[PDB]
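The structure appears below as structure tokens.
Starting from 1, each residue takes its place in the sequence as its number. Whatever order the structure lists ligands and atoms in, that order sets their numbers, starting from 1. Scope of the values below: all heavy atoms of this structure, side chains included, with no hydrogens, waters or symmetry mates.
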Amino acid sequence: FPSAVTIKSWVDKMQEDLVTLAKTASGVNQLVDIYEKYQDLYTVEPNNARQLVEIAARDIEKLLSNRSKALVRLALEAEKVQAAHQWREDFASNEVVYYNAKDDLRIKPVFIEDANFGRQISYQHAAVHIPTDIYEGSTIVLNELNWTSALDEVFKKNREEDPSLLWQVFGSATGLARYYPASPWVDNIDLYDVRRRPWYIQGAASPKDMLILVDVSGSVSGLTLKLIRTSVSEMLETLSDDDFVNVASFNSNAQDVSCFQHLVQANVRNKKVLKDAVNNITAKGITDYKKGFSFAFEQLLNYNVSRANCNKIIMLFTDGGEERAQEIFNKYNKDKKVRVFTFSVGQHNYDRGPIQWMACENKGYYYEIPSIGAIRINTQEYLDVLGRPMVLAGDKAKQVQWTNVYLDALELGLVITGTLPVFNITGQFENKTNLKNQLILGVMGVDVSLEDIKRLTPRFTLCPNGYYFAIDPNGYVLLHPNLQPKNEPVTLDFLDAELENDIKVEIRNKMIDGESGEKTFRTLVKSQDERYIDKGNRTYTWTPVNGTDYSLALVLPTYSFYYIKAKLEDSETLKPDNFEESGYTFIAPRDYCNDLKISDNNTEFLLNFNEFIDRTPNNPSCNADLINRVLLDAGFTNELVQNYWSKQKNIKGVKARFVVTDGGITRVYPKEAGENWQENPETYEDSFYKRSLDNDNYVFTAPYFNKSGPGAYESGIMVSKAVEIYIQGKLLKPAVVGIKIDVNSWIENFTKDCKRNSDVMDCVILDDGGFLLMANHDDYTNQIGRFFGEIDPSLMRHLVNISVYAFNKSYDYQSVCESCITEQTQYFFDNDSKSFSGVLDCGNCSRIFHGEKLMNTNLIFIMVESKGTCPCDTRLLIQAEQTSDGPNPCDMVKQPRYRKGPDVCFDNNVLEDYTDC
Ligand SMILES: *[C@@H]1O[C@H](CO)[C@@H](O[C@@H]2O[C@H](CO)[C@@H](O)[C@H](O)[C@H]2NC(C)=O)[C@H](O)[C@H]1NC(C)=O
Ligand SMILES: *[C@@H]1O[C@H](CO)[C@@H](O[C@@H]2O[C@H](CO)[C@@H](O)[C@H](O)[C@H]2NC(C)=O)[C@H](O)[C@H]1NC(C)=O
Ligand SMILES: CCC1=C[C@@H]2[C@H](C1)C[C@]2(CN)CC(=O)O
Ligand SMILES: *[C@@H]1O[C@H](CO)[C@@H](O)[C@H](O)[C@H]1NC(C)=O
Ligand SMILES: *[C@@H]1O[C@H](CO)[C@@H](O)[C@H](O)[C@H]1NC(C)=O
Ligand SMILES: *[C@@H]1O[C@H](CO)[C@@H](O)[C@H](O)[C@H]1NC(C)=O
Ligand SMILES: *[C@@H]1O[C@H](CO)[C@@H](O)[C@H](O)[C@H]1NC(C)=O
Ligand SMILES: *[C@@H]1O[C@H](CO)[C@@H](O)[C@H](O)[C@H]1NC(C)=O
Ligand SMILES: *[C@@H]1O[C@H](CO)[C@@H](O)[C@H](O)[C@H]1NC(C)=O
Ligand SMILES: *[C@@H]1O[C@H](CO)[C@@H](O)[C@H](O)[C@H]1NC(C)=O
């Protein structure tokens, strides 16, 4: 431990060496000089966030309006055809002809392949879906097959007028599903009912302030207990993420099963914790109805918590109950706002009389659940009886409702769909019966893919840091770079998606529910890897969409306010046989032109690209801006490689050199050094590019540890720095460059006290995130590129608590583990100080350390005495996708995120029949 001045000198020498090597071997100056010297084949253009937000909002409104129009016409035609149906019985004479999918491949279809639909499709016929439990050959379904045989013409008309429709289906209470571009069922067993789907259920009823009141007496233990638990689980599954629910189990007293005590949003986390709670039921005691309904009613009368102010109902799960509990029904229901849905799960000798009487005297309905067979079917019927006010409202109630993003059930990715209910509109010029008009015939919907939405989002005209994201009133995100499936609808809150900050909370709480404005603020930015974060400032611009409840926002860091494009008009430089002279080329598989296809193999893709370019700027239907950009970018990169990298054939310390750039061209000077390139050729999706755009200094990216593929000694350490240009006075950051540092050279030049082969002191260097990059111990350097906490936790904890390092812990619910919650920890530099000293103590012994950050880099040099003298490992610091369960769902419902609800709800209709008991 020589001295602070000695450490100063050592750090100064190391920083000067590393910075001069990176700068010289990268040629950032040369690249900026090329850009600024040309300055005539391109043209910088303003990126007006407000204007682009408005344009995207109008386009998305127009698309959704088109879909709504199609859905409306389909519903009207269905209404007419069902109105004029003669309802025959004998179908022997007229053999009903229809294509039944999932059969042994009625019609023998041709099934021609087409684009935009990965599977074989047909257009002349539509396909019919039948759940396996539903029996065909009965008149009860064959009447539906008949009257729905007339929707094919309207399907064809929709597809003809607008060729961009993805899908269109009709779901009836019978169980049929007719979707137009007839494809074989994906199943080459399945519990698929069209009724048991989010898109069906959303349109079949209104949002509800529902409660479950489980009977938990001593008599409901065993087979009936498991039956009731399964029934409650499936009722929760039936419930959506715009409703509110609790489950109380009255046992001489209305105790709460869970830790909420008031109505909660019933999103995925609440659902899961409630499933755990209802799986941990203990049933021992007697029955007392009065307390249960009193507790439920005072929960339903809160009006201090976040609720929808909509169809408040109560569902009772009981085995046997004779109490009338009429002192809580007769008096405290002048508003008549409760619907008691009394169930009967399992087998019991107790009288059904009071149960059915309570069911049909409190505006609700009665059900009987004998076994597991009926739980899947006899659970969904409450939506039919909640739809009675909706059908009575009729034209007012007929509105299109869009769902959240979810995994398409036949492998087309993430899709949102519309919905519209279909009635017995049958003779209302006289209004003869109107008795079965209460029951809904079914719903129908049209699908739009997030690919179609993102086609309206030109993400390639700005920096990779910039992006579009859209949010719903519930607060979930519609589009986001971080929005990825796992294979359950994809649920991702805005705060959950991006970083969490008071300014973001404020903008969501204040100016997203129909307001327009902008705000520039400084907040942390999470790197694309789960390794790094960085400080920066951004401005968000948002507008409301008039057509739909959704809202759109745009993100623009204050260096992508402008963008660069090609001013009007080297192609042979992108040729594999010329790689040995022009670097090893990758090209980003962007949708450059409609003729070509995504060919991620990328070498046949590169030859395809250059072949198509050879086969002519005419471009009848060929995207010109991207082609111009990539050609200009390839010109710049090739000139760099020819004029700078060619002169120095090889350098002892420089294992490789590279460049990525806006347009999608990346080049490695040796083909041998390009063979072991592992990063994808999409410029916008590699992490180090974004990292270098964010940072103002050289960024050192640690290699991975314990991974297949040689990336430690035969690849080296990767450095990066973004290029900055000034044309008329405003900053632009087109590209980044970098090199590969030879590990052996770095060892032997770091050896320049800090001798090896001994355990007295450690001389170790880190970066922003505590990843090891160099060591002299000869046992740390073998395990290079791994988190410093996993090898030396005591010193890392001392650094964290002395606050040279800060950390955030994001939670990513969308992940694959072997639903899965990942604790993503990111360490970073917080304080703007470059000198740290002190003594860390583990008890009997002591250790002296002195760290100093390297200037113009994200590196820090730490000197400390060896751990041979001080055995100290309290707990191991690990930095990975942790298997955890956080935050606590009991505590975050007390202060829930701000939410807005629909203004239109249909409950308490004046003239409902409800005569059936
Ligand atoms: C509502 O639609 C149903 C079919 O889904 C109709 O049910 C049949 O209606 C005819 C004529 O009204 C009766 O002769 C049948 O016996 C009915 N079926 C059953 C099972 O009884 C129903 O009529 C429709 N409502 C109206 C007013 O037409
Ligand atoms: C090892 O460190 C030495 C300096 O201590 C570096 O030597 C310089 O190398 C650059 C080119 O890389 C030359 O332009 C300088 O003139 C050299 N200076 C001196 C004093 O030798 C060397 O680059 C380092 N090598 C590695 C592998 O990092
Ligand atoms: C069951 C037949 C169909 C329903 C439409 C389409 C075809 C699958 C569908 C659109 N995503 C609903 C669903 O995904 O379950
Ligand atoms: C919407 O419909 C109009 C008219 O039917 C059509 O011109 C247009 O291409 C459709 N699609 C979009 C996204 O506007
Ligand atoms: C329904 O079936 C009858 C024969 O049972 C047939 O005459 C009638 O045309 C069918 N309805 C249609 C095609 O709408
Ligand atoms: C970021 O932007 C804000 C507002 O425009 C500004 O006050 C702040 O100084 C900026 N950050 C830096 C690094 O200057
Ligand atoms: C759409 O909403 C914006 C938001 O304030 C409003 O200014 C505009 O007038 C609305 N346009 C229509 C046609 O409703
Ligand atoms: C990519 O395409 C080339 C065609 O030259 C082929 O040799 C190679 O095996 C392909 N790579 C993969 C991973 O399939
Ligand atoms: C490295 O990987 C192998 C297999 O994946 C495993 O057995 C071993 O424990 C790992 N070593 C370390 C240090 O993580
Ligand atoms: C995230 O980092 C910021 C910046 O220092 C800090 O104020 C905040 O408390 C951190 N949050 C978590 C969850 O660690």
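In this complex, the main macromolecule engaging ligand 3, as named in the PDB entry, is Voltage-dependent calcium channel subunit alpha-2/delta-1. At ligand 3, the PDB records name the drug as mirogabalin. The shell of residues around mirogabalin (heavy atoms under 4.0 Å) is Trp167, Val169, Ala177, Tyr179, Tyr192, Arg197, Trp199, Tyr406, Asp408, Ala409, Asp447. As for UniProt divalent metal cation-binding residues in chain A, a heavy atom under 4.0 Å from mirogabalin is present in none of them.
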